[PDB]
Number of protein chains: 2
Amino acid sequence: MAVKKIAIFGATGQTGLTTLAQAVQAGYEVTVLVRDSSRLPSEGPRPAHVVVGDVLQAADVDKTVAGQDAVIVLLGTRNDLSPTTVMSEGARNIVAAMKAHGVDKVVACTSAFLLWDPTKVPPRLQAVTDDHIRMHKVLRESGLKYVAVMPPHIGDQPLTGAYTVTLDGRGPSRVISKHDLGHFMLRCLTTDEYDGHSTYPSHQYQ
Amino acid sequence: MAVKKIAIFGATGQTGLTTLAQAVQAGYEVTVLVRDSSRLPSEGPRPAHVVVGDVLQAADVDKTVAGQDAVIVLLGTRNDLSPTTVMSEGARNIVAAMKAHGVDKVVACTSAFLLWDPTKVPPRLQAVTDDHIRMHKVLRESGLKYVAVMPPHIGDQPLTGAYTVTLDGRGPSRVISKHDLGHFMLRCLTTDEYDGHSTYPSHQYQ
Ligand SMILES: NC(=O)c1ccc[n+]([C@@H]2O[C@H](COP(=O)([O-])OP(=O)(O)OC[C@H]3O[C@@H](n4cnc5c(N)ncnc54)[C@H](OP(=O)(O)O)[C@@H]3O)[C@@H](O)[C@H]2O)c1
Ligand SMILES: NC(=O)c1ccc[n+]([C@@H]2O[C@H](COP(=O)([O-])OP(=O)(O)OC[C@H]3O[C@@H](n4cnc5c(N)ncnc54)[C@H](OP(=O)(O)O)[C@@H]3O)[C@@H](O)[C@H]2O)c1
Ligand SMILES: Cc1c(Nc2ncccc2C(=O)O)cccc1C(F)(F)F
Ligand SMILES: Cc1c(Nc2ncccc2C(=O)O)cccc1C(F)(F)F
């Protein structure tokens, strides 16, 4: 089940950047889909392959997923306060391409709001949560090996590797470092214990 | 006074009103952003400039921050404990305005709960705290000269100017008077020793 080639979607984001950096240092052959190349830092850890394109364009997604061993999805639309379907339409383009190229493993990040009561969502975050739910459906109904990662507040604490993962629930803390989050994303490429589960990562920092 | 023009956000609120009163008394030229339905009281001290608008509108925050030397943030939700992003989104707008207009100094109020063990946050206060956490992260990673003011319970005790300021930890009492809290927000304008630090003002009133 060895995973060497991965595609990262959302590589230029807050979590994406440290996931990409960790993935490149751990030996992964990384393909990233970016809309603008000047957002990848020109120093240190760089991906092996850059596809310049858009996750809503099925051609770009197919070019990105071709010949991978697994996909990591760290898509976000931080700015959208009103109904939005970019992530879920991106998931559809990813699901379809995974199927046409025979890639069976996807690890995708939504949010811990999908595990807590709906009344916990702040009004201005309801649209992205609604599309998070829509993307979770696309991936769950796809048949693929899909690890759902639903993190709480994403912090800037240093990497620890010591976080807890509670399977289909909510655990001790309400924070995961972006570094620890990307670590867990990459850890999910090395096991099947989270396949078809919802994972909540959190850790007590200092 | 090097600092003489300041914007106060949340000047109509419980701490903001006494902070506005002390700032005018101390000779500051104060600009306030007020929501249309909630103007400052009739008999109260008059600021030098009033912008009517909303902290969620980037245009109104830009109008308020332009031409200022420094910014004080005392936004809140009154006694409304509902999930919100008004403080974090507003801080996002304040951060953008300050960078555009060349304002560096922002003194912003979140809460002592960002210094304490997260397991101790009372569940009734977690939603508002989750936004203080979002707001603090916005301001922390802004790169601006940001004083994180993290008070415990806000009381109605007198202005003393004799409170303790604890750096990057919990202090010796669990209360600060709204008047002392506002005194400290203004004290932070006259010194750079707290820039980049978290600050916990507390006092014993007797
Ligand atoms: N902030 C939190 O505390 C928190 C908590 C729980 C869950 N989450 C969720 O976790 C996920 C990742 O979080 P994050 O903050 O790391 O994301 P982020 O910083 O907002 O980055 C979003 C990524 O998705 C890319 N993207 C957006 N639309 C795209 C499109 N049409 N085509 C290609 N790429 C696109 C972005 O590319 P560009 O650089 O071009 O924009 C970027 O790389 C998000 O969905 C977020 O809602 C966040
Ligand atoms: N024991 C405590 O009370 C305590 C302890 C620790 C920390 N804190 C936190 O300290 C901060 C200040 O506390 P406080 O009691 O002085 O505040 P407050 O009385 O709740 O006042 C909130 C201020 O922010 C304004 N505001 C709210 N939404 C706005 C919007 N969209 N646009 C523009 N202005 C808006 C409000 O204006 P309007 O008049 O229009 O409403 C008001 O002036 C709060 O964030 C609070 O959560 C409180
Ligand atoms: C901030 C955020 C979140 N945040 C959370 N999600 C789950 C649990 C806790 C939180 C939190 O913020 O504490 C979720 C989706 C999108 C967004 C963003 F960046 F777009 F605004
Ligand atoms: C009361 C409150 C607090 N309270 C505290 N915060 C920090 C430390 C101690 C306390 C306390 O009151 O014991 C925090 C945020 C918002 C709110 C409010 F007014 F909106 F309800």
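Alphabetical chain letters, starting from A, follow the order of the sequence lines given. We number chain A the same way the PDB entry does; the residues here are 1-206, in that order. By the numbers in the PDB entry, the shown part of chain B spans 1-206. When a ligand or atom number is given, it counts from 1 through the structure's own listing order.
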*Give the name, out of mavacamten, flunixin, tapinarof, of the drug at ligand 3.*
flunixin
*asked:* What's the chief binding partner of flunixin (ligand 3) here? Just the name from the PDB entry is fine.
replied: Flavin reductase (NADPH)
*Please list, by chain letter, the other chains with any heavy atom under 4.0 Å from flunixin (ligand 3).*
A, B
*Of B:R134, B:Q126, A:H153, which has the heavy atom at the shortest distance from atom 12 (O) of flunixin (ligand 3)?*
B:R134
*Of all the heavy atoms in B:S88, does at least one lie under 4.0 Å from an atom in flunixin (ligand 3)?*
no
*Report any other ligands and ions found less than 4.0 Å from flunixin (ligand 3), or state none.*
ligand 1 (NADP nicotinamide-adenine-dinucleotide phosphate)
*What does the entry say about the source organism of chain A?*
Homo sapiens
*If you take the residues UniProt annotates as binding NADP(+) in chain A, which of them have a heavy atom under 4.0 Å from flunixin (ligand 3)?*
A:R78, A:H132, A:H153
*Write out the residue and atom name of the closest protein heavy atom to atom 18 (C) of flunixin (ligand 3), then the distance separating them to 0.1 Å.*
A:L125 CD2, 3.9 Å
*Considering only the protein, which heavy-atom contact is closest to atom 3 (C) of flunixin (ligand 3), and what is its distance?*
A:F113 CE1, 4.1 Å
*Which residue and non-hydrogen atom of the protein lie closest to atom 15 (C) of flunixin (ligand 3), and at what distance in Å?*
A:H132 CE1, 4.0 Å
*flunixin (ligand 3) atoms in contact with A:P151 (distance to a heavy atom under 4.0 Å)*: 7 (C)
*Where does the entry attach flunixin (ligand 3) by a covalent bond, in terms of residue name, number and atom?*
none
*Which atoms from flunixin (ligand 3) have a heavy atom of A:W116 less than 4.0 Å away?*
8 (C), 9 (C)
*Extract the binding site of flunixin (ligand 3): heavy atoms, cut-off 4.0 Å.*
A:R78, A:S111, A:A112, A:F113, A:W116, A:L125, A:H132, A:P151, A:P152, A:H153, B:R134
